[PDB]
Structures are given as C-alpha cells and as structure tokens.
Participant: 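Below you'll find the structure I mean.
Letters A, B, ... mirror the listed sequences (proteins, then strands); counts begin at 1. FYI, non-standard residues read as parent or X, and their leftover atoms are not counted in contacts.
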2 protein chains.
Amino acid sequence: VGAXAXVXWXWXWXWX
Amino acid sequence: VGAXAXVXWXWXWXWX
Ligand SMILES: [Cl-]
Ligand SMILES: [Cl-]
Ligand SMILES: [Cl-]
Ligand SMILES: [Cl-]
Ligand SMILES: [Cl-]
Ligand SMILES: [Rb+]
Ligand SMILES: [Rb+]
Ligand SMILES: [Rb+]
Ligand SMILES: [Rb+]
C-alpha cells in the first residue's frame, strides 16, 4: 500500500 | 468512466 502502480487514486482508467 | 484522473487502475496511491 502506497505509491506506484495498481489500484486506487491517481491517473489511468476507471471513474472520474 | 474512461481515462484520466480519479480512481481505478494506473498510477498514484493505493494497492499494488
Ligand atoms: Cl479512453
Ligand atoms: Cl491530468
Ligand atoms: Cl474519491
Ligand atoms: Cl492512506
Ligand atoms: Cl495489490
Ligand atoms: Rb491507482
Ligand atoms: Rb490510479
Ligand atoms: Rb480515470
Ligand atoms: Rb502501490
């Protein structure tokens, strides 16, 4: 859990 | 729903 690539908040594909 | 900022898959804070 923390920063880098995976699932959660930030940039990429999903909702917003 | 799509690409940009928000939640889901890609780069930022959460789970790897
Ligand atoms: Cl797109
Ligand atoms: Cl942006
Ligand atoms: Cl949120
Ligand atoms: Cl946190
Ligand atoms: Cl994970
Ligand atoms: Rb993410
Ligand atoms: Rb993300
Ligand atoms: Rb997004
Ligand atoms: Rb991560």
Participant: Match the molecule at chain A to one of afamelanotide, gramicidin D, oxytocin, etelcalcetide, sifuvirtide.
Facilitator: gramicidin D
Participant: Write down the PDB name of chain A.
Facilitator: gramicidin D
